[PDB]
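Structure containing neomycin.
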Amino acid sequence: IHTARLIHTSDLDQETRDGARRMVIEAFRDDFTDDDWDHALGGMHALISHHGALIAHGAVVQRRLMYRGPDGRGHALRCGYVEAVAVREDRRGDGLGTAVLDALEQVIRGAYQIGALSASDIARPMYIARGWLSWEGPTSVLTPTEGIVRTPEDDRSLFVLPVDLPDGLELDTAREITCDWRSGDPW
Amino acid sequence: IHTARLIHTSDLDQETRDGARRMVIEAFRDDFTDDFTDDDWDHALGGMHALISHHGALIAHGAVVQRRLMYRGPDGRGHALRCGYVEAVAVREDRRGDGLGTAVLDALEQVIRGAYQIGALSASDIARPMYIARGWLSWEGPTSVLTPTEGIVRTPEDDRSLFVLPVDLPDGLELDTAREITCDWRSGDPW
Ligand SMILES: CC(C)(COP(=O)(O)OP(=O)(O)OC[C@H]1O[C@@H](n2cnc3c(N)ncnc32)[C@H](O)[C@@H]1OP(=O)(O)O)[C@@H](O)C(=O)NCCC(=O)NCCS
Ligand SMILES: CC(C)(COP(=O)(O)OP(=O)(O)OC[C@H]1O[C@@H](n2cnc3c(N)ncnc32)[C@H](O)[C@@H]1OP(=O)(O)O)[C@@H](O)C(=O)NCCC(=O)NCCS
Ligand SMILES: CC(C)(COP(=O)(O)OP(=O)(O)OC[C@H]1O[C@@H](n2cnc3c(N)ncnc32)[C@H](O)[C@@H]1OP(=O)(O)O)[C@@H](O)C(=O)NCCC(=O)NCCS
Ligand SMILES: NC[C@@H]1O[C@H](O[C@H]2[C@@H](O)[C@H](O[C@@H]3[C@@H](O)[C@H](N)C[C@H](N)[C@H]3O[C@H]3O[C@H](CN)[C@@H](O)[C@H](O)[C@H]3N)O[C@@H]2CO)[C@H](N)[C@@H](O)[C@@H]1O
Ligand SMILES: NC[C@@H]1O[C@H](O[C@H]2[C@@H](O)[C@H](O[C@@H]3[C@@H](O)[C@H](N)C[C@H](N)[C@H]3O[C@H]3O[C@H](CN)[C@@H](O)[C@H](O)[C@H]3N)O[C@@H]2CO)[C@H](N)[C@@H](O)[C@@H]1O
């Protein structure tokens, strides 16, 4: 069985960051943009290498997810957001994806109030099987110039993993949920 | 001689985390209202901690957490910068003045330079000369916060407290510190 190493972005040399980026881009090839890479930087990376070649990657970066309960109170949850999860093609189906998520979920459970991610279609059963909840209500992003704006192309994609919500808060996945602002894909 | 260890929030046991919080709360003491509040501790969670311990006792702490800083340049183009935000920098009172806080900020600035486009913090009044000497820039224009119900809302209590450390600004961006700057939303003190 393989085990992922967990490394902060700042503990990654440029050679190893460039190798990770190139492995991720190839893994997403039919798609992975310059903004997509920026989104994967700043947090903890899960890495698996074999003889100096990276064969699996994932990242969890901190952001705020905003949720307003029925009673009208607002919540700005410390969110561990999962990005750039990828296994080299020739090494897929061997549990390397599971090893990446095991290490990232340890980060989420140890440090954040909620995990969240916008899953590709292929990865959906994988996350469902691990206990991630599909979000059923509308999604949105908090923009700097127009307030909260709907993001309908992301409604089907969003999964959350509530690990340490504030005392008495219970997420209703049919309500709206809002992510903080960034360039490119908000979710 | 003094070197802090870097550890992510998720690698601290609850007892070390709780000790860190108690130590930082006391460091911020000069009645029953703690100057360093529960929300203040939450803002230190989720990133990299710099720790210094001496025969088991935690004698220094600092953290850098990821946020977005929003800045609109003089050309009208908006930027959502990946920001390493510095929180809860503290040295046990009896050990101050020996380079421990310098050692904490050394480690945190390494995180910022290696991971983020910009470092930022909201400095206590008395700590401002220290940050200037380390090459942080004082922000001179108005500060604000992007709220989910109101618009961008001015935060005048934090004007003149903000410092930034621009380590990897995109392509041609050059910060003009007289313009407005805006932080993302969180509970408690936004800056
Ligand atoms: C997504 C990706 C990382 C999965 O990697 P992988 O090596 O195929 O995955 P694994 O072999 O580790 O399988 C992961 C888990 O999903 C499970 N699984 C896969 N398909 C499943 C299905 N239809 N139903 C139930 N479980 C399923 C496996 O059983 C495994 O769980 P297990 O370890 O308990 O058995 C890989 O396909 C990839 O890199 N794709 C390209 C990039 C991409 O699209 N990334 C997803 C963005 S979130
Ligand atoms: C502010 C603090 C972290 C500085 O740590 P320190 O270990 O005492 O300071 P250092 O010895 O590393 O010196 C760093 C700089 O701090 C300044 N400073 C602040 N308090 C100082 C003190 N008691 N003794 C010496 N320098 C002090 C000096 O300008 C010094 O610069 P220098 O070495 O070039 O002379 C620490 O005194 C403390 O915990 N105070 C409580 C308040 C606080 O931390 N504010 C939050 C940061 S915004
Ligand atoms: C730290 C600095 C002063 C050089 O280091 P240094 O002068 O050798 O300082 P040290 O590391 O030896 O500090 C230890 C000494 O601090 C003194 N000291 C400072 N605070 C003390 C305290 N609270 N208790 C006891 N001694 C203290 C003591 O004399 C101690 O020596 P001793 O106990 O052995 O007698 C350095 O940061 C510097 O030169 N600062 C430049 C200023 C700057 O950055 N400004 C730029 C303007 S933009
Ligand atoms: N875009 C068209 C389709 O893209 C697919 O790839 C999938 C994937 O990239 C993408 O997945 C989702 C989208 O769902 C969702 N609307 C936004 C979200 N940020 C994105 O996210 C995913 O891909 C990004 C790269 N982008 C990565 O940066 C990100 O970490 C990853 N989780 O959408 C696709 C499936 O939903 C295939 N290439 C092909 O089946 C088809 O062409
Ligand atoms: N009065 C002198 C000193 O005051 C300190 O209090 C200062 C401190 O709380 C606070 O400092 C600044 C403010 O400026 C600024 N407008 C907002 C910013 N979030 C805050 O931040 C600072 O204190 C917080 C705890 N709150 C920490 O969580 C935070 O990491 C720290 N950088 O404002 C106070 C005055 O600057 C301490 N009580 C003690 O170190 C000493 O007594």
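Labels below follow one simple rule: chain letters A, B, ... track the order of the sequence lines, proteins then strands, and each chain is numbered from 1. Scope of the values below: all heavy atoms of this structure, side chains included, with no hydrogens, waters or symmetry mates. Per the header: X-ray crystallography, 2.0 Å. One-based numbering, in listed order, for ligands and for the atoms of each.
To find every copy of neomycin, look at ligands 4 and 5.
Most heavy-atom contacts to neomycin (ligand 5): the chain UniProt names Aminoglycoside 2'-N-acetyltransferase. By chain letter, those with a heavy atom nearer than 4.0 Å to neomycin (ligand 5) are B.
Under a heavy-atom cut-off of 4.0 Å from neomycin (ligand 5), the UniProt substrate-binding residues of chain B that qualify: B/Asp35, B/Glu87, B/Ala88, B/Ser122, B/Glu157, B/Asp158. When hydrogens are left out, the protein atom nearest atom 17 (C) of neomycin (ligand 5) is B/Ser122 OG, 3.3 Å; that is the closest non-hydrogen contact. For neomycin (ligand 5), the UniProt domain of chain B with the most contacting residues is N-acetyltransferase. The proximity of B/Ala44 to neomycin (ligand 5), defined as any non-hydrogen pair under 4.0 Å, does not occur for either the backbone or the side chain.
Counting protein heavy atoms only, atom 9 (O) of neomycin (ligand 5) is closest to B/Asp35 OD2, 2.5 Å. Look at B/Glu93 and you'll find every heavy atom at least 4.0 Å from all atoms of neomycin (ligand 5). Remark: minimum distance from atom 28 (O) of neomycin (ligand 5) to any protein heavy atom is reached at B/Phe36 CE1, 3.3 Å.
Scanning the protein for heavy atoms near atom 25 (C) of neomycin (ligand 5), the closest one is B/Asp40 OD2, 3.4 Å. When non-hydrogen atoms are compared, neomycin (ligand 5) lies under 4.0 Å from the backbone of B/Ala88 (N, CA, C, O) but not from its side chain.
Neighbours of neomycin (ligand 5) under 4.0 Å (other ligands and ions): ligand 2 (coenzyme A).
Of all protein heavy atoms, the one lying nearest to atom 41 (C) of neomycin (ligand 5) is B/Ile126 CD1, 4.2 Å. The distance criterion of under 3.5 Å between nitrogen or oxygen atoms is not met by B/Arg29 with respect to neomycin (ligand 5). Using a 4.0 angstrom heavy-atom cutoff, B/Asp30 counts as in contact with neomycin (ligand 5). Looking from atom 11 (O) of neomycin (ligand 5) to the surrounding protein, the closest heavy atom is B/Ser124 CA, 3.4 Å. Considering only non-hydrogen protein atoms, atom 2 (C) of neomycin (ligand 5) sits nearest to B/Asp125 OD1, 3.9 Å. Regarding atom 23 (O) of neomycin (ligand 5), its nearest protein heavy-atom neighbour is B/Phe28 CE2, 3.7 Å. Counting heavy atoms within 4.0 Å, the binding site of neomycin (ligand 5) comprises B/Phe28, B/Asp30, B/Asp35, B/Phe36, B/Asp40, B/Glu87, B/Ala88, B/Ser122, B/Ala123, B/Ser124, B/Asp125, B/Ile126, B/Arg128, B/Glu157, B/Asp158, B/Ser161, B/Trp191.
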